[PDB]
Q: 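Take this structure first; my questions come after.
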Amino acid sequence: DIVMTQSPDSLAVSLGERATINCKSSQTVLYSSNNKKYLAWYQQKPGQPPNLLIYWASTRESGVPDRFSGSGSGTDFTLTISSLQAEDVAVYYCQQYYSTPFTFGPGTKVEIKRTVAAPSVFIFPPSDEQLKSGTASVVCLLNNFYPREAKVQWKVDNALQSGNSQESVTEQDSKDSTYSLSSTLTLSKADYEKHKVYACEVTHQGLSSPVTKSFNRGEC
Amino acid sequence: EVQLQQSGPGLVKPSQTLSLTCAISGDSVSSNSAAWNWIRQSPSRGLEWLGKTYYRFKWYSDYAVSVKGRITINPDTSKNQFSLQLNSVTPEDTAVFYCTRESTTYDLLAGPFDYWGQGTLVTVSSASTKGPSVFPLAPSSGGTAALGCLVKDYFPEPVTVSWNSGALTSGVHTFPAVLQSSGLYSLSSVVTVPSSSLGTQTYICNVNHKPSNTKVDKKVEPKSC
Amino acid sequence: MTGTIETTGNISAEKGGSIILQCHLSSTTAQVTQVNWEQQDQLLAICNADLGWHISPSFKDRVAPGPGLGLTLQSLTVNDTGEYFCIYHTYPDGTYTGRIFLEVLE
């Protein structure tokens with residue numbers, strides 16, 4: 001089979017700057033008879049199928065903005081975005097359609113480099129409805145920050161929690177180029193009623209020093 | 001543009017058969033200048049081609065060696081669709097499955113994938129479907145407030161979440177689900193709104209879990225003390 | 001159905017070598033719309049009257065048109081042994097199909 005490789009694995013470019021990514025096929029995909037290079041590029045945003053940008057290595061698909069272009073030889077290819085827009089953050093794949101089986105590159109993630117933005121931190125106690133059902137989830141929300149790196153730590157009556165929380169992060173927002181993070185601490189109802197202070201502690205480059213949001217159980 | 005609409009159940013038990021259909025609009029499944037393909041995508045393996053069927057005065061098929069013997073892709077001319085059948089699935093087959101049109105207009109036997117179905121998440125598991133419980137994340141104490149709802153203890157993926165029946169989209173963040181130690185998923189959806197709205201504007205999250213035919217609307221209101 | 005097709009017959013070939021597949025349709029003035037070349041059940045190539053030759057992605061690196069109105073299949077493997085077909089699509093005569101058998105030696 002033909003093997004497609006891509007470089008770099010990820011890149012971050014400022015708004016309006018040029019982004020270029022590279023693709024290599026392990027054999028030539030130039031067919032001498034028609035002088036066509038059997039190479040395509042796709043864009044894929046989270047939750048969507050891939051979207052065809054370029055085919056024959058350099059022909060732009062209709063409806064694709066003209067800041068996207070491609071070129072290459074029979075084995076080495078480049079996709080260039082002349083002026084990176086906020087809505088262009090996505091994973092970009094190359095693919096050969098020269099020999100069976102058709103094969104894809106591993107993907108290059110393209111992101112926007114922007115100014116540091118500290119998270120806005122919110123904490124949510126468990127609802128009375130969930131407590132009635134027997135469990136307690138405490139949610140710590142870090143909204144619209146940059147860059148992606150962020151540490152959240154849970155304290156219950158000032159004891160560090162481990163093994164009983166999970167988090168997940170959005171991909172870079174297509175308009176303001178920030179990230180958001182949700183962290184859930186889950187306890188039994190009986191455990192939750194045993195303690196008073198519930199606290200989320202956030203460290204981020206945009207914070208002079210860790211922020212803490214907390215509440216007292218059954219108190220406002 | 002061609003429209004490709006996928007259907008079929010996502011949850012399949014180990015050793016049983018996955019069955020998906022792709023319904024074509026705006027082209028013909030028998031077109032001399034297209035081929036109809038199935039692709040899969042997973043975090044482990046990336047994007048991988050599975051097979052295709054196409055008509056060149058006669059119906060032809062081609063299948064990837066990693067599914068040979070287990071895979072059939074058949075066209076249906078009367079319904080203008082083509083299907084996927086994958087037998088004897090194992091947990092290695094868990095992935096998002098896409099149908100796609102290969103546009104073979106200049107080389108009659110090769111071209112790029114120019115239109116794609118929406119994707120079907122396929123989960124190979126013996127566990128039963130379970131609908132979520134939905135709990136409010138009530139706004140509490142600059143001029144903006146955050147509220148949300150917690151979509152807990154469902155199986156399998158995916159759920160969809162909308163706010164105010166789709167009217168409210170600005171400032172919404174719906175997070176990737178996590179798999180809990182119970183083997184059920186959980187996710188949150190939050191939105192930020194003006195504090196001065198909380199007394200008057202209502203906020204309702206609309207949660208849909210198709211595998212269990214569950215639909216829940218949860219009102220999220222400021223809690224009173 | 002007045003036409004008939006003369007093929008390469010039955011041919012043997014050595015592993016790793018070339019082979020030439022040829023068919024000729026005589027005894028009809030009919031339109032030849034397209035010839036499909038098949039290895040067993042698999043499409044090898046099509047020669048279309050209006051749009052020329054097209055080679056399947058499963059054979060582009062070893063199948064080439066010619067010499068004459070046929071194909072050259074290169075880098076032969078033992079699994080290339082078996083039936084081969086030249087399917088003529090004609091107007092108004094219909095569909096003539098010619099057969100070749102190939103055995104790859106050692």
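In what follows, chains are A, B, ... by sequence order, proteins preceding strands, each numbered from 1. Heavy atoms only: backbone and side chains are in, while hydrogens, waters and symmetry mates are out.
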Q: What macromolecule, as named in the PDB entry, provides the greatest number of contacts to chains A and B in this entry?
A: T-cell immunoreceptor with Ig and ITIM domains
Q: Please tell me which drug sits at chains A and B.
A: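 It's listed as tiragolumab.
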Q: Is it the side chain or the backbone of B/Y54 that comes within 4.5 Å of chain C heavy atoms, both, or neither?
A: side chain
Q: Which chain from tiragolumab (chains A and B) shows the highest count of heavy atom pairs below 4.5 Å with chain C?
A: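 Counting heavy-atom pairs, it's chain B.
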Q: Go through the atoms of B/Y60 and report whether side chain, backbone, both or neither lie under 4.5 Å from a heavy atom of chain C.
A: side chain
Q: Heavy-atom cut-off 4.5 Å, strictly under: side chain, backbone, both or neither for C/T95 against chain B (tiragolumab)?
A: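 Neither part.
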Q: Counting contact residues of chain C for tiragolumab (chains A and B) domain by domain in UniProt, which domain has the most?
A: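 That would be UniProt domain Ig-like V-type.
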Q: Checking C/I55 against chain B (tiragolumab): side chain, backbone, both or neither under 4.5 Å from a heavy atom?
A: backbone
Q: What organism is given for chain C in the entry?
A: Homo sapiens
Q: With a heavy-atom distance cut-off of 4.5 Å, what residues of chain C make up the epitope of tiragolumab (chains A and B)?
A: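 Going by heavy atoms, the list is C/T33, C/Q34, C/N36, C/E38, C/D41, C/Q42, C/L43, C/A45, C/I46, C/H54, C/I55, C/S56, C/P57, C/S58, C/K60, C/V63, C/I87, C/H89.
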Q: Could you pull out the paratope of tiragolumab (chains A and B) towards chain C for me? I'm using a heavy-atom cut-off of 4.5 Å.
A: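 On a heavy-atom basis, the paratope is A/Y31, A/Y38, A/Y98, A/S99, A/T100, A/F102, B/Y54, B/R56, B/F57, B/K58, B/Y60, B/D62, B/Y106, B/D107, B/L108, B/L109, B/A110.
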Q: What molecule name does the PDB give for chain A?
A: antibody light chain
